[PDB]
Novice: 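This entry shows ouabain within the model.
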Amino acid sequence: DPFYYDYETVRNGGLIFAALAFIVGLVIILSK
Amino acid sequence: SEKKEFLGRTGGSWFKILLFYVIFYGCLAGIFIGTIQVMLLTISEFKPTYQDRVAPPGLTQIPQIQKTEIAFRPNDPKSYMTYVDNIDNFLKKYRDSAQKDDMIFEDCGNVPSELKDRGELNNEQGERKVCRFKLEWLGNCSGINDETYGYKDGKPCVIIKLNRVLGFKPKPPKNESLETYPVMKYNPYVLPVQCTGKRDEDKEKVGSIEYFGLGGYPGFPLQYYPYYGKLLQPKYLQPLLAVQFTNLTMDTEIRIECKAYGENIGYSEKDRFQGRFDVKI
Amino acid sequence: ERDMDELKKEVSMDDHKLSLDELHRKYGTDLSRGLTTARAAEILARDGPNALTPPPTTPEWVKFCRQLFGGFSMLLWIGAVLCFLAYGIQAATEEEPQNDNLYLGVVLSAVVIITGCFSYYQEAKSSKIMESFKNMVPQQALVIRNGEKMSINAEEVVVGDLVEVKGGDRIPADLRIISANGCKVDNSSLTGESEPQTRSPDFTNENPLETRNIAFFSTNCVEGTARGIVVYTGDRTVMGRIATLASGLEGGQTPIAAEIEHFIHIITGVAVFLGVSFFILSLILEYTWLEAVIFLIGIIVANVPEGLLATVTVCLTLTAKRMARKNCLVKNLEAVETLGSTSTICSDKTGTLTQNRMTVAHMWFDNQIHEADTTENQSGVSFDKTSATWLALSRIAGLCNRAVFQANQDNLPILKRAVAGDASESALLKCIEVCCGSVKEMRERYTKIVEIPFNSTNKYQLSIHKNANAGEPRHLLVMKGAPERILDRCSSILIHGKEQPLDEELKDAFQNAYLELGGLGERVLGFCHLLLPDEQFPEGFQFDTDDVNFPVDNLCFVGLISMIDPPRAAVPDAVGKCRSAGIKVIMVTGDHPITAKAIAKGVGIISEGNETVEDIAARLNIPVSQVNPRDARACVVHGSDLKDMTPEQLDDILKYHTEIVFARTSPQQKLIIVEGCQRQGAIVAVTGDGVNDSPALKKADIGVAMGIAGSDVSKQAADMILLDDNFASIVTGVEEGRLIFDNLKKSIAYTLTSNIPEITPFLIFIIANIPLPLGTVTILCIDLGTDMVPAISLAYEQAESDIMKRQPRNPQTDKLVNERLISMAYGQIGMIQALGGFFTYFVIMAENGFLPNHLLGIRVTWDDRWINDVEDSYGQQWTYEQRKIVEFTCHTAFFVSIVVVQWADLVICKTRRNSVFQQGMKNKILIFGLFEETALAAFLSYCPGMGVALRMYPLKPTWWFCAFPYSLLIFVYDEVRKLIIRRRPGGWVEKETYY
Ligand SMILES: C[C@@H]1O[C@@H](O[C@H]2C[C@@H](O)[C@]3(CO)[C@H]4[C@H](O)C[C@]5(C)[C@@H](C6=CC(=O)OC6)CC[C@]5(O)[C@@H]4CC[C@]3(O)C2)[C@H](O)[C@H](O)[C@H]1O
Ligand SMILES: CC(C)CCC[C@@H](C)[C@H]1CC[C@H]2[C@@H]3CC=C4C[C@@H](O)CC[C@]4(C)[C@H]3CC[C@]12C
Ligand SMILES: CC(C)CCC[C@@H](C)[C@H]1CC[C@H]2[C@@H]3CC=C4C[C@@H](O)CC[C@]4(C)[C@H]3CC[C@]12C
Ligand SMILES: [Mg+2]
Ligand SMILES: [Mg+2]
Ligand SMILES: [Mg+2]
């Protein structure tokens, strides 16, 4: 059915990205 | 404000500035219209891109109220004029004289029948025909001339209608159905509806229920589905189901919930009109 | 009290000139026996103890309220009150704002409260670290009562009782000196006089400040001993009046806060313009006065930049953190920037510009002048010590002194180590200790027999010792004293180890040498010795100070020793950098003119090649009144003339002279000079040490005191303090203050760019009657939600060019937030941002079945809760919560899109002029700003239960890329704008846009 959209995969992708970019930015702030 | 030579504040170069903003905002406007135009180029003429939002179709009433409540005097004409006129303008589209054309209209079963599939989503075949719906299918509520005619005047009556969703093919509950309450046996070919005073808890319930369906059948015929859209099927007549309350307590307000049952049907606790129905009377 | 502070701004007067007869006839005292114990105990309880009334400012922690108001927190306050009022009006029916407007007002309130909390915590932290620095050691006065000397607590000293002071002792109260022996008091802090002034019973100068018969409170006595009757006690003393005056002046509004006020007036201006024009417009169509008022409030409040308080306060706090890292501490949070706007610096000389330590500079050997090493670390050049004349001179200077290295100085450097003795004696002692070796065994080598301390008259100091050499057991005599008098008492001259008579050629060579070193600003002391005819004065002859045993004339004059207090190491460079910044440097001092001008030339306040009126008159051999003052670029104003000066004269002096030095100036006159500088309409920074700078440092647009070598009063009256006593920090200050300004603009601009795409959704919502594109929650998740970190990171931007090259900003002309800036943020960039947002909006709705042209006029039925059949363009029927969910999904993507355009806006705001390819992405906090921002937005959208909580729903992938071309457009547009601005600095794009 066209009436089923997968919101959970999209969601997972969003959150995973969030973690990645956040920790990457943390890597950027700390220059050693 | 003004001195030589400036208009408040500095008015010498105003031509340059205002010209700049005309050209500027002009470019911005043109750009926006462009993006919006390509966006509109990506949208289909037949089917919408995302149908997932309306997926649990809702149940609606003919006299849509301020808030879910029919409260009127059985005596005063001016009391129910609102409701009455609403039902009049609602069923004005369903008259036997309203559908003359055998060209754009189709006379379908006097009895609930199997779903009607016409071609595909595309324009390959021409504009699709639409099944006829006689007002006689609802007895004692707005049937032709004789009676009611006060539209619930002696005792309350309201027609329930299913929301329209493109390509939706309603799936009635199985014949194995779990406690669906008194219902008839024609279940394969129709989407059923049943009404009670309060849903899962103790009730104030006082009522007597009379249903008028297609062929005297409490539910929507599948033969009117799927709906092919405003473009392919303009002047499309969706099924209607009349429900009359004969015995009620007059001067006390009670609530009524009507639920439609099926596999294609679902309900939201947050959206009280989604999959189900609520009216105070 | 106005009359009080009118009497405190006037210079003092006294009874100081009297016969001791009339002195104790007036005071009712005995000169020798002081007063009776009962009388002292009577006067002590009559008025008050001897001490200053503790500073009148002791604000209770209720002073918290001060940080909760200001000028901006007021704007947020009325914003909140308008919010709550709007909710009150919205109680007219059943209403949603329970999740909208009440939350908005409460949020505004929370922002003000928290901001005030933070700023107050910073200022209070500064207060604490300032409290820790207070070390007050009780110093008991030595009084004399009923003929007996009793040392009692200083606070128990009364008026008109005999007090004795000794070497090192601090003066208890204001005294009239009845008697003195070799007494040099240190007035450096109070009157600004560098060298210790002799104190005598005799009346010298009419002005009680420069006269010798008065000793002053808080002054330490350098050397000798003295006796005096107390004229003044407690708050009635001189520095007490100075302190009560300094405590009773006003700070004045900081330029930064004023700019904030102007800015607020602008923002509220467009707020009420939009609000009113749109109120009228809304009434023109349909909506009743209720709805109309609601719209008015909605708009005016929407125009309020909620997070800008937080961001600005944080910014100021950050720069303040760096200032603290450099050990430059600012009492006030907004006084950090002021330096950058300063077009004139009035600095005091001794204690500020100088190390305030008397040191040997030049010496005189064989009719030749040789410069010693005057640096603190001894990094300069040493003279030639092989000469025997140097040996003799060094022995003379070392052998006659009262100077003694105190007990605990061993490891310390010979310069910075402490010495008990006079100024001159200290400098001499240190110099001889470093250059010629140890003065311990060398001073005890020769045994002192009978010495004459420096006399009240003629001030000649002589001593005579035995001989430590092998060949000649003659009696050695040594004397030091003023060059002229010792010239009178001398005949023979010593050259290269062999004597001679005096010939007028080399005698006048000596004279002109003395006038050269004296004119150089240094104080010169003549040194002589005479070996004695041991035949006439045998080895057993005991001679006393009663009569003349030794031939006081026909001595052997050796050479001259001159001395001065050097500037601090970082001072000349600092002054140079200040003059390079376009800042006018004016020395203001109460010192003597001869030393003042010299120091001024040393530090670069008066440059090489510039001549004062007196210099021109000196070179051309014409009367001083002849030459044209217009031809004189530099000027030294005697304090004597300043008292007779009118405002026009001071204005002319300050206008027509580039290099200005005010000498012999009283504290009130310093205040008058500062005020005179402010009359020109120019921002003023003042730097000082002692209490004489207390009225100036207070009145100045910004005061700067010295942590260690500065007094307490001027430390209280200062808006800024230097803990390490590094003058160079001032430069850093005017650097820092000049940078933080630019960044601020950027910061502000950024948030103000957000308001256009924030406000317009609710605008056209009313106009085109479309479903609401942008909710309240989203907007809060933008102003306070996301843009915060980038806006803060915009403070870590560096200089786009050399900031110390450009002239100081003009307060009238150059503005923080000005028409150009609004023309940019609201006018251009923000509009593109809005277009991007509405684009995304239409994308989402059109993809879900609702076409844009259909969306017009729908909201009436759309916001209706009870219409559950709502036809899209396709003919489908939508219930309430379904289409509302869609709308809420439109909110989130609108929010994300705002973030997306705020990317480009952030990058382009990073630089006002330079292209981004130049200034570079080198700011890291900015990068993390971006990453954190995006991650936060994505989190908000995709976090579970956020559709229940904030009603933010996950976005389909494609949604994200709808705002991209608009952001790119923003970047390209501002980049080519910042191209053309660079290429054409006429300029139209420069005049209209550049902010
Ligand atoms: C069609 C119209 O809209 C409905 O309410 C409207 C008025 C009012 O209620 C509000 C909520 O109070 C307004 C409020 O005024 C001002 C805001 C807080 C303001 C902001 C300031 C800021 O900083 O950020 C944003 C801009 C819009 C705003 O965000 C909300 C948006 C939701 C809305 O609800 C819309 C009712 O149905 C009304 O009856 C009907 O006339
Ligand atoms: C960081 C700067 C330079 C911008 C460049 C990165 C952009 C193009 C990236 C970073 C954030 C990304 C998103 C993270 C969230 C996901 C959810 C997923 O279900 C669809 C794709 C989507 C929506 C991503 C699309 C690409 C995105 C918009
Ligand atoms: C010249 C470059 C930089 C861009 C040119 C502008 C046009 C042609 C581009 C820019 C942004 C683009 C859109 C971004 C969003 C998508 C959403 C998707 O559901 C349909 C197509 C659509 C709508 C794109 C079509 C083309 C578009 C409108
Ligand atoms: Mg101040
Ligand atoms: Mg000083
Ligand atoms: Mg805002």
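Naming: A, B, ... by sequence-line order, numbering from 1 per chain. In listed order, ligands and their atoms are each counted from 1. Looks like X-ray crystallography, 3.9 Å, at least that's what the header says.
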Novice: Please list the parts of the model that make up ouabain.
Specialist: ligand 1
Novice: I'm curious which chain is the main partner for ouabain in this model - what does UniProt call it?
Specialist: Sodium/potassium-transporting ATPase subunit alpha-1
Novice: Which other chains have one or more heavy atoms under 4.0 Å from any atom of ouabain?
Specialist: C
Novice: By UniProt's transmembrane numbering for chain C, counted from the N terminus, which segments hold a heavy atom under 4.0 Å from ouabain?
Specialist: 2, 4, 5, 6
